[PDB]
Participant: 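Context: structure of sacubitrilat in complex with Neprilysin.
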Amino acid sequence: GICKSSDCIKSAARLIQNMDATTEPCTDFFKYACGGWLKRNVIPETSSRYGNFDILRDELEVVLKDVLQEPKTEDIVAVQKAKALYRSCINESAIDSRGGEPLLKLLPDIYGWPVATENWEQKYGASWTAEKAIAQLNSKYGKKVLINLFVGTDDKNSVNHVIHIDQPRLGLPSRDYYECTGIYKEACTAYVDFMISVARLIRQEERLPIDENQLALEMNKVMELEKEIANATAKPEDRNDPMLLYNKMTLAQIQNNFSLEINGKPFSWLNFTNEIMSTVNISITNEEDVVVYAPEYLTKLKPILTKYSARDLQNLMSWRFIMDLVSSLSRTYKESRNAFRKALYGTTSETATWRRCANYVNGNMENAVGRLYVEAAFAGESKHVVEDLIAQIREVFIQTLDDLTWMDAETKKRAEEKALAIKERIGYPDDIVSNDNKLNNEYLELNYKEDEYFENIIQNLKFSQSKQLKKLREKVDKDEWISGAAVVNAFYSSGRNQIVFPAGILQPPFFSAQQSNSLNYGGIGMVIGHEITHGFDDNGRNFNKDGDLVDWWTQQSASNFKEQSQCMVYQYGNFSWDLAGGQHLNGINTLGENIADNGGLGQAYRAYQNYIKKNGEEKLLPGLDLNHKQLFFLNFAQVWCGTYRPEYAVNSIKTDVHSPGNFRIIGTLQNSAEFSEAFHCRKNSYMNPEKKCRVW
Ligand SMILES: *[C@@H]1O[C@H](CO)[C@@H](O[C@@H]2O[C@H](CO)[C@@H](O)[C@H](O)[C@H]2NC(C)=O)[C@H](O)[C@H]1NC(C)=O
Ligand SMILES: C[C@H](C[C@@H](Cc1ccc(-c2ccccc2)cc1)NC(=O)CCC(=O)O)C(=O)O
Ligand SMILES: *[C@@H]1O[C@H](CO)[C@@H](O)[C@H](O)[C@H]1NC(C)=O
Ligand SMILES: *[C@@H]1O[C@H](CO)[C@@H](O)[C@H](O)[C@H]1NC(C)=O
Ligand SMILES: *[C@@H]1O[C@H](CO)[C@@H](O)[C@H](O)[C@H]1NC(C)=O
Ligand SMILES: [Zn+2]
């Protein structure tokens with residue numbers, strides 16, 4: 001009763017090679033499941049994290065290189081445009097010959113970079129307003145500095161778009177870095193040195209004189225301004241409640257409540273909104289509804305922005321854009337980022353040009369590249385198998401509801417209604433393959449020059465920003481996919497109450513119609529469970545069946561949810577990560593993902609037990625003396641065989657909403673009585689604590 005097919009041998013070999021059978025499963029299941037992978041692998045110089053999951057993404061890039069690198073006579077225009085974009089990206093000799101010239105030509109259109117400009121005040125100061133400077137970077141280039149103004153889905157009215165106002169992102173990974181001491185010192189030093197190195201290159205190319213102490217002074221001031229901005233931003237812990245974050249107001253109300261004084265000029269919110277909205281010919285009045293996500297930040301900004309000049313502000317705003325463009329210029333510019341990249345990621349070199357380029361074209365032409373990907377790598381017939389697995393997991397979730405003692409009957413019924421209403425999206429939208437003309441029309445406005453990579457990326461920025469802004473007066477497209485197909489991930493959209501499983505994730509170790517079902521349920525079954533559970537986590541549960549931010553919970557049901565979920569906050573908050581210098585995980589910021597992981601594991605294992613009931617035991621895998629209940633957990637854990645560079649661990653512990661792979665494995669299995677029974681774990685062994693956190 002042993003499976004001896006080619007497919008079973010490959011599954012068995014992989015499972016055998018990754019594990020360390022000398023480790024006791026109940027002492028450390030991560031080391032038992034992944035110890036062999038850990039002993040055999042070294043993190044590549046270009047990777048900040050490496051493991052089975054990242055390897056899948058590296059392998060998908062290989063497919064993208066194969067389908068983009070060679071022209072074919074049959075190629076439709078949309079495909080021709082993707083391949084021409086790819087060719088401009090990989091031509092490093094044309095890029096190197098242009099030096100920094102494409103940036104120099106762009107600099108006047110953003111009101112220049114004072115430090116790299118002679119007589120800046122004379123040249124731009126006359127026509128400089130914060131309203132115009134912030135809006136220019138936003139509307140034309142998608143660069144959001146000081147004030148993040150965007151068009152997006154209305155949380156309380158999923159069918160429409162609204163303008164949002166939020167705090168902007170920082171140059172460094174999180175606000176924590178701006179402390180600039182201990183584990184953050186190297187990154188702060190590399191960041192300012194990076195500003196200076198770029199200012200020095202620009203000044204050298206423009207043939208301007210260079211005073212080293214003045215470069216140091218000016219860029220240290222950019223850092224002091226940004227440290228004040230960072231300290232004014234709300235921590236992620238204070239942005240986890242979508243009810244508290246949502247503050248709908250009119251432009252009139254914003255002008256009263258959140259006034260600002262910049263360079264001795266009173267900030268006009270109406271002027272700023274119109275400076276952006278005019279780009280796609282939309283006029284705005286004080287009657288326009290605006291969602292303010294950061295009212296506290298706008299309040300703290302008022303005393304900060306009065307202390308700095310037009311010069312100091314433009315030095316930061318322009319740097320925040322330049323930072324991102326330096327990698328698209330000649331080797332000299334690319335080199336200037338080396339220490340900064342090493343401090344944030346630990347990587348000693350940049351990823352292969354073709355990989356960055358395949359990823360860049362995938363990101364900007366997700367439908368054209370998605371089409372090329374699915375034709376080369378995806379079954380399509382497998383879409384139906386995943387459709388069934390989704391139905392089995394959705395059913396289990398609905399069944400689990402009645403077995404929840406902490407939720408009342410009314411909240412159980414409403415949760416069932418939302419669970420029933422979840423729309424699924426599997427593999428790819430059929431249209432990208434079957435409707436060549438719709439695909440050609442999507443990229444109509446794009447015209448790439450094969451020798452002008454920088455101009456192509458600039459065109460992409462304007463196109464992306466114009467497309468998002470013109471959505472304001474439009475209804476949200478129901479058919480629209482929230483992700484391209486050539487993606488190794490899955491998603492949940494709270495606004496559409498939809499789960500998305502791109503072709504990229506529908507492959508081993510997650511899914512194969514040719515691998516054991518114990519592996520399918522432990523892999524993609526668990527991923528399906530994770531995405532459904534996102535509709536019911538600390539964020540998703542605040543959204544209804546139609547995707548609206550509305551409370552469908554009774555006070556006692558909500559209170560009991562918070563109590564059950566507080567266990568996971570403490571459980572994961574107590575994990576200490578050696579690679580991150582002994583720092584604790586943020587149990588609050590990782591809560592949504594930990595609820596989803598714990599919820600998903602339960603639903604997939606129960607759906608797999610239901611499968612064994614209906615179809616009986618599966619044939620055993622050779623060379624593995626484990627049953628299929630054990631193989632389910634083994635596959636589940638092997639998704640996360642991998643490790644992190646310590647620089648990247650410091651980064652991700654602050655920026656990632658997911659717990660690191662090892663803790664997702666340890667954490668979920670510690671809470672699983674089902675795991676402990678499969679591996680016969682003694683009570684209070686590391687993998688089997690007495691207290692187990694449960695929510696779904
Ligand atoms: C680590 O786990 C402990 C135990 O669950 C957590 O301790 C609780 O902390 C809160 C807030 O300080 C107290 O009100 C509780 O009384 C504590 N409970 C116990 C049993 O001591 C602790 O918060 C967790 N640490 C992190 C960083 O999450
Ligand atoms: C958008 C994101 C998608 C999610 C898909 C997923 C969900 C759970 C598991 C998994 C399997 C076995 C054990 C535990 C968990 C694997 C994949 N991706 C990540 O979680 C990491 C991606 C990354 O690192 O970029 C989300 O929904 O959070
Ligand atoms: C790179 O661009 C230069 C200048 O246009 C051109 O001479 C060269 O052929 C290009 N290389 C490739 C491989 O396309
Ligand atoms: C950070 O912000 C708070 C609140 O606005 C302020 O009181 C404090 O002085 C700031 N700290 C630093 C280091 O800038
Ligand atoms: C914004 O204000 C400036 C003067 O402060 C003005 O020249 C410009 O036309 C205004 N833009 C819009 C769209 O109102
Ligand atoms: Zn998730």
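Position 1 is the first residue of the sequence; numbering continues from there. Note that ligands are numbered from 1 as they come in the structure, with each ligand's atoms numbered from 1 the same way. Values reported hereafter were calculated over all heavy atoms of this structure, with side chains retained and with hydrogens, waters and symmetry mates removed.
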Participant: List all ligands or chains that belong to sacubitrilat.
Facilitator: ligand 2
Participant: Quick sanity check for my notes: UniProt domain of chain A with most contacts to sacubitrilat (ligand 2)?
Facilitator: Peptidase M13
Participant: Is there at least one pair of N or O atoms, one from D656 and one from sacubitrilat (ligand 2), spaced under 3.5 Å apart?
Facilitator: no
Participant: For atom 13 (C) of sacubitrilat (ligand 2), which candidate among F636, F501, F633 provides the closest heavy atom?
Facilitator: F636
Participant: Is there a polar contact between sacubitrilat (ligand 2) and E531, counting only N or O atoms under 3.5 Å apart?
Facilitator: yes
Participant: Taking the minimum heavy-atom distance to atom 19 (C) of sacubitrilat (ligand 2), which of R664, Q638, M526, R57 ranks first?
Facilitator: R664
Participant: Going by the order shown, which atoms of sacubitrilat (ligand 2) are within less than 4.0 Å of some heavy atom of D597?
Facilitator: 15 (C)
Participant: Does sacubitrilat (ligand 2) have a heavy atom under 4.0 Å from the side chain of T668, from its backbone, from both, or from neither?
Facilitator: neither
Participant: Say whether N489, considering both its backbone and side-chain N or O atoms, lies within less than 3.5 Å of an N or O atom on sacubitrilat (ligand 2).
Facilitator: yes
Participant: Just to be sure I read this right, does sacubitrilat (ligand 2) sit under 4.0 Å from the backbone of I665, its side chain, both, or neither, counting only heavy atoms?
Facilitator: side chain
Participant: Run down the list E593, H658, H530 and name the one with the heavy atom closest to atom 7 (C) of sacubitrilat (ligand 2).
Facilitator: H530
Participant: Check the entry and name the source organism of chain A.
Facilitator: Homo sapiens
